[PDB]
Engineer: 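Below: experimental structure, tiratricol bound to Thyroid hormone receptor beta.
Note: chain IDs run A, B, ... matching the order in which the sequence lines appear. In order, the residues displayed for chain A correspond to 211-255, 258-460 in the PDB entry numbering, which applies throughout. Chain B is numbered as in the PDB entry; the shown residues are, in order, 210-254, 261-460. Order of listing sets the numbers, starting from 1, for every ligand and every atom in it. For this deposited structure, the header notes the method as X-ray crystallography, 2.2 Å.
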Amino acid sequence: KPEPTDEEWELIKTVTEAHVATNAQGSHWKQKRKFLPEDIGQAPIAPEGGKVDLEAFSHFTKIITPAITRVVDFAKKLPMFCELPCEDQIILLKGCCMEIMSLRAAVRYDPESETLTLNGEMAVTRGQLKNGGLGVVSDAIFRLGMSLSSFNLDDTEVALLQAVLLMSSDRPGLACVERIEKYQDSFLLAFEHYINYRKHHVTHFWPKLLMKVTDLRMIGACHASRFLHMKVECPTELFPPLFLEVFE
Amino acid sequence: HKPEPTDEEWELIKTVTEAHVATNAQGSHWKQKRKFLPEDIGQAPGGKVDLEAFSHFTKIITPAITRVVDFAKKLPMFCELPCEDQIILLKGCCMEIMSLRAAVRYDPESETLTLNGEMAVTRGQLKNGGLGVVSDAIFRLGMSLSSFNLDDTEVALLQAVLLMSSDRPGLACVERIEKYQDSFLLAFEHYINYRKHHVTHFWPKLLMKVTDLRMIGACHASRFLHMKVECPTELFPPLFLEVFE
Ligand SMILES: O=C(O)Cc1cc(I)c(Oc2ccc(O)c(I)c2)c(I)c1
Ligand SMILES: O=C(O)Cc1cc(I)c(Oc2ccc(O)c(I)c2)c(I)c1
């Protein structure tokens, strides 16, 4: 099985460093994290269904800007992305923002505590993340977390996965569709070969990881439909500057 | 590189792996043959045992107990021990090994444990089925085992280790057993260096799961006592009674 070529190791070093340089978990999150108090976002023990717990929502939005910002820095550290028109860059960033963020939290899933550590600092439960606003998306991200545990992804693999999510040529309104596909394929090929190098113990690893890319897309779309409910149920004063633009 | 298995250890590894495989009935993956226990059974309504759920479990429990015994009898080291120690070691590790077998068949997607590789149950069905909080402990262990990707050999060696526990009350040949256990641990350690898992501190964390299993085994025993008080005698298969006496 083909391992990465010299040229691909460069790209790999480039994406890996960009990810690590913008991954706030570069200080042992597992040891640094703090658990969000059980009082916040607990089952509310209602007609019309899940109503966003403004209290919980408040804690999530107070640390969401840095997460959004870090996704932009990540893309901006990739030469290929920097070659794209300003218009495409934006379209791509808006389309993958929550996909990438979701991946980042999912990879910080902890079976023993049943939590996801947001921004490598805030540990939360299904209930908390659900009642805080993501609704069933909460369940989706946790499932992704559970399914990714056996994959043992390192920074390079998460970085490459982020880059594949970034170079999505099917986003609506893109100008350089063909060029973006070329970039994505280059990441896929490097990823594919890096995987062979690492030698994971799981059958049909490549095919299974690709399906995870699909889950993230589903997750990204649900985020958007989820944001619509937030706008109805949450007062403007709770929305950070960038958070709004992300779905605009 | 760390020490890999010696020629002699590859022999012990071949023996235990075959014993486990021959007694696990997975020559045809549990996934493509398992059946899900219907949601109305053991559905949410300490606690009181759901006789119907319990009935379903004790209906396939004898074969599981039996395979654990056949696993041990397939190990030459185990056969050199006195009948009395064999009984003690079996009663001591039975639920530990079964719990471990259910835990490696944990499925994140459907959120179930496939018992005997044929019956998929939820954390809820298993709990109301009689195990109470032990169900949580086992599901928990199944969740943490996911990243370890253990193959037949590793689960096999783990079982050999749980089996040869020289600290069980009443054992006569404590030294011999202790020695047998170490032979398995050492070959395990080496087999591990040969596999090369990508989980940090893999060895120490796996050893810690043995700890968890001993705790699960002890909790099942006190869970059994509640069962003897709440479940009609008829729902107890004979071998199920003798093992957990
Ligand atoms: O973990 C990281 O680095 C990134 C990250 C940060 C956060 I705050 C987060 O939670 C969200 C996101 C959107 C949203 O509308 C709500 I309410 C909560 C997730 I999922 C991931
Ligand atoms: O999965 C396997 O191979 C072995 C296995 C088989 C069964 I049935 C099982 O469930 C139990 C065990 C004890 C008990 O008192 C009750 I009620 C249910 C478990 I956990 C494991």
Engineer: Could you point out every ligand or chain corresponding to tiratricol?
Structural biologist: ligands 1 and 2
Engineer: Heavy atoms under 4.0 Å from tiratricol (ligand 1): which other chains do they belong to?
Structural biologist: A
Engineer: What is the residue list for the binding site of tiratricol (ligand 1), using non-hydrogen contacts under 4.0 Å?
Structural biologist: A:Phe272, A:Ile276, A:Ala279, A:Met313, A:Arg316, A:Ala317, A:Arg320, A:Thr329, A:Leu330, A:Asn331, A:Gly344, A:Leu346, A:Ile353, A:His435, A:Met442, A:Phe455
Engineer: How far is atom 21 (C) of tiratricol (ligand 1) from the closest protein heavy atom, and which atom is that?
Structural biologist: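 For atom 21 (C) of tiratricol (ligand 1), the nearest protein heavy atom comes out as A:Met313 O, 3.5 Å.
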Engineer: Polar-atom distance check: A:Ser314 versus tiratricol (ligand 1), any N or O pair below 3.5 Å?
Structural biologist: no
Engineer: Using a heavy-atom cut-off of 4.0 Å, list the UniProt L-thyroxine-binding residues in chain A near tiratricol (ligand 1).
Structural biologist: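 The UniProt L-thyroxine-binding residues passing the heavy-atom test: A:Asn331, A:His435.
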Engineer: Specify which UniProt 3,3',5-triiodo-L-thyronine-site residues in chain A come within 4.0 Å of tiratricol (ligand 1), measured from their heavy atoms.
Structural biologist: A:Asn331, A:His435
Engineer: Could you find the nearest protein heavy atom to atom 20 (I) of tiratricol (ligand 1) and give me its residue, atom name and distance?
Structural biologist: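 For this ligand atom, the closest protein heavy atom is A:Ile353 CD1, 3.6 Å.
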Engineer: Which of the atoms in tiratricol (ligand 1), numbered in the order shown and given with their element, are less than 4.0 Å from a heavy-atom of A:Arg320?
Structural biologist: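 Matching atoms, with element in brackets: 1 (O), 2 (C), 3 (O).
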Engineer: Could you list the atoms of tiratricol (ligand 1) found under 4.0 angstrom from a heavy atom of A:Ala317?
Structural biologist: 1 (O), 21 (C)
Engineer: Could you identify the single nearest non-hydrogen protein atom to atom 8 (I) of tiratricol (ligand 1) and state the distance to 0.1 Å?
Structural biologist: A:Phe272 O, 3.3 Å
Engineer: Among all the protein's non-hydrogen atoms, which is closest to atom 16 (C) of tiratricol (ligand 1), and how far away is it?
Structural biologist: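 Here the closest protein heavy atom is A:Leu346 CD2, 3.8 Å.
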Engineer: Identify the protein heavy atom lying closest to atom 6 (C) of tiratricol (ligand 1), giving its residue, its atom name and the separation to 0.1 Å.
Structural biologist: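 For this ligand atom, the closest protein heavy atom is A:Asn331 OD1, 3.6 Å.
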Engineer: Against heavy atoms of A:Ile276, which atoms of tiratricol (ligand 1) measure under 4.0 Å?
Structural biologist: 12 (C), 13 (C), 14 (C)
Engineer: UniProt domain of chain A with the most residues touching tiratricol (ligand 1)?
Structural biologist: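 That would be UniProt domain NR LBD.
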Engineer: Any atoms of tiratricol (ligand 1) less than 4.0 Å from a non-hydrogen atom of A:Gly344? List them with their elements.
Structural biologist: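 What qualifies from tiratricol (ligand 1) is 17 (I).
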Engineer: I need the nearest protein heavy-atom contact for atom 10 (O) of tiratricol (ligand 1): residue, atom name and distance, please.
Structural biologist: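 It is A:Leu330 CD1, 4.0 Å.
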Engineer: According to the PDB, which organism is the source of chain A?
Structural biologist: Homo sapiens
Engineer: Just jot down the tiratricol (ligand 1) atoms closer than 4.0 angstrom to any heavy atom of A:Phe455, in number order.
Structural biologist: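 Within the 4.0 Å cut-off of A:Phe455, tiratricol (ligand 1) contributes 15 (O).
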Engineer: For tiratricol (ligand 1), list every N/O pair with the protein closer than 3.5 Å, one pair per line with the distance.
Structural biologist:
residue, atom, partner, partner atom, Å
tiratricol (ligand 1), 1 (O), A:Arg320, NH2, 3.2
tiratricol (ligand 1), 1 (O), A:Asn331, N, 3.0
tiratricol (ligand 1), 3 (O), A:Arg320, NH2, 2.6
tiratricol (ligand 1), 3 (O), A:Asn331, N, 3.4
tiratricol (ligand 1), 3 (O), A:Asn331, OD1, 3.4

